[PDB]
Number of protein chains: 2
Amino acid sequence: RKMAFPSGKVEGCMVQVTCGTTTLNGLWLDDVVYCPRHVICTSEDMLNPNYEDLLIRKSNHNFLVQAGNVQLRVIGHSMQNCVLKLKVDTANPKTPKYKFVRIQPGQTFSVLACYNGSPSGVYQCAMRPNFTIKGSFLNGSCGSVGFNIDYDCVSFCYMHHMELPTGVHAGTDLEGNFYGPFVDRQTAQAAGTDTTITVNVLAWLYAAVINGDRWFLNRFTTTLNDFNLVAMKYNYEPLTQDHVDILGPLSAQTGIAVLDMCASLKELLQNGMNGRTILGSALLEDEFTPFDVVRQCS
Amino acid sequence: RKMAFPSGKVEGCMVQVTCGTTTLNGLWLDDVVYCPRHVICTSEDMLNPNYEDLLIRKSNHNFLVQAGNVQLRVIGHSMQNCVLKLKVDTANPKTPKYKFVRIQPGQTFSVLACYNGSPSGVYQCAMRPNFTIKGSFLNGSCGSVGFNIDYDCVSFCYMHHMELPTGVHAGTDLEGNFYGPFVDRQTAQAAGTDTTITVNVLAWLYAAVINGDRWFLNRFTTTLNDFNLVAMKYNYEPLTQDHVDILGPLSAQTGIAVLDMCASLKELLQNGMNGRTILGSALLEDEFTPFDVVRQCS
Ligand SMILES: *[C@H](O)[C@H](C[C@@H]1CCNC1=O)NC(=O)[C@H](CC(C)C)NC(=O)OCc1ccccc1
Ligand SMILES: *[C@H](O)[C@H](C[C@@H]1CCNC1=O)NC(=O)[C@H](CC(C)C)NC(=O)OCc1ccccc1
């Protein structure tokens, strides 16, 4: 099963930010509210916004932050890359222990989709090699965050800004820097040709070996270099050698060093599953980290 | 995408319940903790328990409940079918507006998987027509619950007790009545042959149209009864008029009559998918309801 982190600690940080006509969501940690900076744009400064001068003309009194129907007072505003920061006069007493990280393509996280500051639902998604995510997001959803958890700490890794022509989504880390070559302005922009997350496909074959039925399992072996070619053709990312021993635990538990493994991914890009399905998916699955496999078998 | 309801309201009601060697999760609402009654069994008892034998042989102090760090004093106990009800001297201040509901086959709910009283993950499930669910659950997971939300109100519908031999799962409503012909005994049980949830498959074909994927549309048309005849043969639940009604929503926003979308699915069942995906998959997905489709497309 694809599984999301429990969302309570992030729900307790979600607020509604309105500036003029635009409402979106804010992230309220301590006495600071983070939200996408295009909240300060009207329907039409959005096509080529000069954010610096948009923001000049805004003052604290132009921002309506609400936790429920309770207004939080804005007492300062600043722009950091593509996110806005609003100092409010109340520290969120729900503030989890947390930090801001910038994730890598292939890494997974959980999205807490919200609308008008109220959580709608939660889902697990991955950062594609072309820096999009395959999410469900509608209008008013910008400012929603992705996150991971480690014990008590919430690691905020994504904030939402944009849908792309092809239906996928684009956003920034919590310091406002976009993932990939995207800009927060309403223009057609390059999706970018995507690839399969090789390390996660191997994580998930391992899960097959663990949780039982390894029918895919075949009796042939390879090394690193040829492995790249015929699948690089079905468009698979370079497995390095340091994806390698994040796959170390799963190799040690199954007994299988990385490459009998490769050579059965061969045959699944060499003559399909033969109509068969591994663990619940009639296709190869590439949105499970090795850590995702260990967590869930753990 | 499969989207679970946000989980914070349930997370604040989850506690650990211990009785001797046996530990699992409980649901802490007002001044009552509910958990699976096989918490009272030893490894050996669970072979063939007479739960009323076992329960008359215990007093309050044999139950240890913990809410994070803090122990809750059990001051009463009580059994309602397959769930135990433990009264405690404190009311859970995080108790939401809630309800207890028994759901029908085909309905969905989100599951908050917990271990030792602590949330670990959240995902969606359907009640199969055979009254099992295709979960992800290990030892210590019992007591985790399934629920839906409805504005402010968490309606609990599932409590977890068991993995059948085939890897699927079985449990009770929160009054403790099993979904299906199972019992809280550790003895091998079979679930009975599953069917496919038809009304949901149509809801996912509609979902697919909305998201640009329309190769499967035909322009044949069919009777409700003609459709159920063919469907039957492929082990699809009857499609009721109610189900037709329920689909009406999605039938407006796409301009496809239910019955014509039946015609297309009927062609899908007589001829297979010949190598094509719908919404990415080589199988027809039946674990989205109408309501889960609207919710995530409005
Ligand atoms: C912010 O709430 C919103 C999120 C979008 C809207 C629907 N689904 C989403 O992901 N962002 C915008 O509406 C964005 C504002 C600009 C200042 C970046 N405009 C936008 O998303 O245009 C790109 C697009 C291309 C194709 C379809 C839909 C949107
Ligand atoms: C409750 O904590 C536990 C959850 C099972 C354990 C593995 N995955 C689950 O969902 N329930 C039981 O152990 C249950 C006990 C009642 C029948 C008294 N028996 C059961 O689920 O099947 C036994 C089993 C044990 C270990 C692995 C797989 C199945």
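The chains referred to below are lettered A, B, ... by the order of the sequence lines, with proteins before strands, and numbering in each begins at 1. Side-chain atoms are counted along with the backbone in the values below, which use heavy atoms only and exclude waters and symmetry mates. Just so you know, ligand 1 is whichever comes first in the structure, and atom 1 is the first atom listed for that ligand.
The drug at ligand 1 is GC376 (bound form). Ranked by contacts, the top partner of GC376 (bound form, ligand 1) (the one with most) is named in UniProt as 3C-like proteinase nsp5. Under a 4.0 Å heavy-atom cut-off, the other chains found next to GC376 (bound form, ligand 1) are A. A:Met162 CG, 3.2 Å is the protein heavy atom nearest to atom 18 (C) of GC376 (bound form, ligand 1). An N or O contact shorter than 3.5 Å links A:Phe137 to GC376 (bound form, ligand 1) by distance.
Looking only at protein heavy atoms, the nearest one to atom 2 (O) of GC376 (bound form, ligand 1) is A:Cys142 SG, 2.6 Å.
The UniProt domain of chain A that supplies most contacts to GC376 (bound form, ligand 1) is Peptidase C30. Neither the backbone nor the side chain of A:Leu24 comes within 4.0 Å of GC376 (bound form, ligand 1), counting heavy atoms alone. Contact analysis puts A:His160 in contact with GC376 (bound form, ligand 1), with a non-hydrogen atom separation below 4.0 angstrom. Closest to atom 11 (N) of GC376 (bound form, ligand 1) among all protein heavy atoms lies A:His161 O, 2.8 Å.
Geometrically, GC376 (bound form, ligand 1) and A:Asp184 share no nitrogen or oxygen pair separated by less than 3.5 Å.
Nearest non-hydrogen protein atom to atom 15 (C) of GC376 (bound form, ligand 1) is A:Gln186 OE1, 3.5 Å.
Distance from atom 23 (C) of GC376 (bound form, ligand 1) to its nearest protein heavy atom, with residue and atom name: A:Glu163 O, 2.9 Å. Taking any N or O of A:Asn139, backbone or side chain, none lies under 3.5 Å from an N or O belonging to GC376 (bound form, ligand 1). For chain A, the entry records the source organism Severe acute respiratory syndrome coronavirus 2.
In A:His38, the part holding a heavy atom less than 4.0 Å from any atom of GC376 (bound form, ligand 1) is the side chain. Residue contacts with GC376 (bound form, ligand 1) do not include A:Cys41, since none of its heavy atoms lies under 4.0 Å from the ligand.
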Show me a pair-per-line table, with atom names and distances to 0.1 Å, of protein N or O atoms that are under 3.5 Å from an N or O of GC376 (bound form, ligand 1).
from: GC376 (bound form, ligand 1); atom 1: 2 (O); to: A:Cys142; atom 2: N; distance (Å): 3.0
from: GC376 (bound form, ligand 1); atom 1: 8 (N); to: A:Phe137; atom 2: O; distance (Å): 3.1
from: GC376 (bound form, ligand 1); atom 1: 8 (N); to: A:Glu163; atom 2: OE1; distance (Å): 2.9
from: GC376 (bound form, ligand 1); atom 1: 10 (O); to: A:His160; atom 2: NE2; distance (Å): 2.8
from: GC376 (bound form, ligand 1); atom 1: 10 (O); to: A:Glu163; atom 2: N; distance (Å): 3.2
from: GC376 (bound form, ligand 1); atom 1: 10 (O); to: A:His169; atom 2: ND1; distance (Å): 3.4
from: GC376 (bound form, ligand 1); atom 1: 11 (N); to: A:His161; atom 2: O; distance (Å): 2.8
from: GC376 (bound form, ligand 1); atom 1: 19 (N); to: A:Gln186; atom 2: OE1; distance (Å): 2.8

